[PDB]
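Structure follows of GC376 (bound form) associated with 3C-like proteinase nsp5.
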There are 2 protein chains.
Amino acid sequence: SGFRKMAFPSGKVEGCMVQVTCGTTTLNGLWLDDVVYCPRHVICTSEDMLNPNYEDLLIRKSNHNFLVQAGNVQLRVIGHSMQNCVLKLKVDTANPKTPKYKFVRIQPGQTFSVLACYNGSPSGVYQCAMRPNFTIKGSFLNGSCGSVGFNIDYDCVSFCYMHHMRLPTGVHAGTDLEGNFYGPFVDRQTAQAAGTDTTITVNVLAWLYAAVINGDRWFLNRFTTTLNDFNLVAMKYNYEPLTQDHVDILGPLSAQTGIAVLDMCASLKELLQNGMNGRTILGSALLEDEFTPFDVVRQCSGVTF
Amino acid sequence: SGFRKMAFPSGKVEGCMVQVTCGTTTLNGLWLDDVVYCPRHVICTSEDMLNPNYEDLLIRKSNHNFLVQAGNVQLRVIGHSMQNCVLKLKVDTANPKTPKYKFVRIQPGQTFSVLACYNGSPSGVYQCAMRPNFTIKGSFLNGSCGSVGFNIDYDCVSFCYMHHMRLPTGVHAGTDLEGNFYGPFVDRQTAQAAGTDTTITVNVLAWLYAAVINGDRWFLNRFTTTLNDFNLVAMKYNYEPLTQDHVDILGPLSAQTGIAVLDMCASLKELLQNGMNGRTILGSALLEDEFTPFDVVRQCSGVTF
Ligand SMILES: *[C@H](O)[C@H](C[C@@H]1CCNC1=O)NC(=O)[C@H](CC(C)C)NC(=O)OCc1ccccc1
Ligand SMILES: *[C@H](O)[C@H](C[C@@H]1CCNC1=O)NC(=O)[C@H](CC(C)C)NC(=O)OCc1ccccc1
């Protein structure tokens, strides 16, 4: 009963968050073993962030110019390197709280939990989808940079995101933990924008399933459709073209509800062409695309860690 | 930038979650010092839960009939008592992870984070409002009972909720940590229902402020109103009557936006009488009442712990 946007528990990552200061610039860092990971723009003055030469800017920096603080304890920096748009600081101490972990580049459409941090302290936790245009719709204020997104598979933390910037639209962009941006973004204060965002069709269908399961069904019709004719309608609404692989992935939900995917696709086409007429689904007056098929299964199968 | 429903970080509470088995019934418990707290219906067979005599049912139970497990470690139960609808098990070990904590009965309209647990393992974290009818709209499956809701004030965990039941509507009911239900609910499988829910007006206004701040303003009109005439309209829409105290509480937001509360009330009346015409606010096609004025300030003032 109930379907909520749910974040993973944040304890494991909470113990990996530190504060990194370089001059006047303070942001957050991720401490795993004897390496702290942070956005490289920590080394920029306010002037620099219009058109920085990070190679040249780091050349003038030494280990002692990096102030890293865990709680009130200061870590000694004993080496530094730049990997893409992230800085790896080698420290004298390995994090005793280092969890089992992995670094994963995540695919668009996929979800993760974000631990929003300021001054190396956890502020709060929310779940996000990597949007098709490689932006995320988060809540990040200044000081949030170096906050990370993650998944937990039983015991293993899979870090997929580190925060670097907001775009004029008020959306957010960042890197994987190897410092490669998701999307065509660069760490400079220039005119930057993301493409057209698409609705993640596979994720909307899954959310429709979650509804049936929770007892919302008004939207169910008496018709079916064909993938191709469904997508003709998808095109016009900026919904992602649905594939056979998608249909396979929804198979578990289809099975547990006894609703064929293409019957649900017919339901969806009606909502796109007819709206929800003031009616709501799982208490949303719009269609939600930020729930993965798996997110739904887990939440409707009570999976823990 | 961005406004998201945000849960507190769950690390501190994660270390207080245990599994409690009594016969065939397993649910979660909260371990603080040498006391584990759990719902008393753990002592019920499936037959018992239609009309249980908890006094009589506990009389037949001994300390050794309670299996409490932290991780894989079993705790020895050395005493038991029933306080309202919660059981306090005294154990041989005090939780070494016991955080600074408090037990608070929360007021309707107020929010908290829930750590959803199964078999004493954290599954995930979400934020909830205590609704005026003293229900919550959560995601709880069987095994979730003994999961708790909490706030964190810097260092102090303020536990306000423990989960016991779902109602036919698919909403949820539970107790404070002294075992007193919120609302007129009882722990039996009987026909039970909550009253009419009201929209938490103060919280909707705050969310409107959060929007302005994030750049959504279409809804702003060229008029004002009076508390009394606003509420005449509130009445009809099952919105909570707004008070002067409410207006005082929104004062900080009013000030930072330069929008008087009563001008915003005029905006609100138009949306109630005219709808949002397919338009959205902070990407919601409806009005959100599950954000406290404070929740907004914190999220728009980047407060941590
Ligand atoms: C790092 O914490 C900060 C977070 C931004 C600040 C406002 N909301 C956020 O998410 N990011 C930056 O300062 C970033 C630094 C560049 C050198 C990558 N600049 C940026 O995000 O530009 C957009 C911006 C808009 C409004 C205020 C500040 C920055
Ligand atoms: C405790 O984990 C369980 C959680 C319920 C089960 C389904 N969704 C939930 O939140 N609560 C109970 O089992 C509770 C026990 C009574 C003796 C208090 N019974 C209950 O919630 O009745 C309603 C119900 C509806 C549908 C399935 C199961 C129970």
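So that the names make sense, note that chain A is the first sequence line, chain B the second, and so on, each numbered from 1. All values below come from the heavy atoms of this structure, side chains included, with hydrogens, waters and symmetry mates left out. Atoms within a ligand are numbered from 1 in the order they appear, just like the ligands themselves.
Chains touching GC376 (bound form, ligand 2) with a heavy atom below 4.0 Å, listed by letter, come to A, B. According to the PDB entry, the source organism of chain B is Severe acute respiratory syndrome coronavirus 2. Covalent bonding of GC376 (bound form, ligand 2) in this entry: to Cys145(B) SG.
Across chain B, the UniProt domain dominating contacts with GC376 (bound form, ligand 2) is Peptidase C30.
The closest UniProt active-site residue in chain B to GC376 (bound form, ligand 2), going by heavy-atom distance rounded to 1 Å, is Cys145(B), 2 Å.
With a cut-off of 4.0 Å, there are no other ligands or ions near GC376 (bound form, ligand 2).
The heavy-atom binding site of GC376 (bound form, ligand 2) at 4.0 Å consists of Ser1(A), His41(B), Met49(B), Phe140(B), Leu141(B), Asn142(B), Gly143(B), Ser144(B), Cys145(B), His163(B), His164(B), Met165(B), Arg166(B), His172(B), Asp187(B), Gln189(B).
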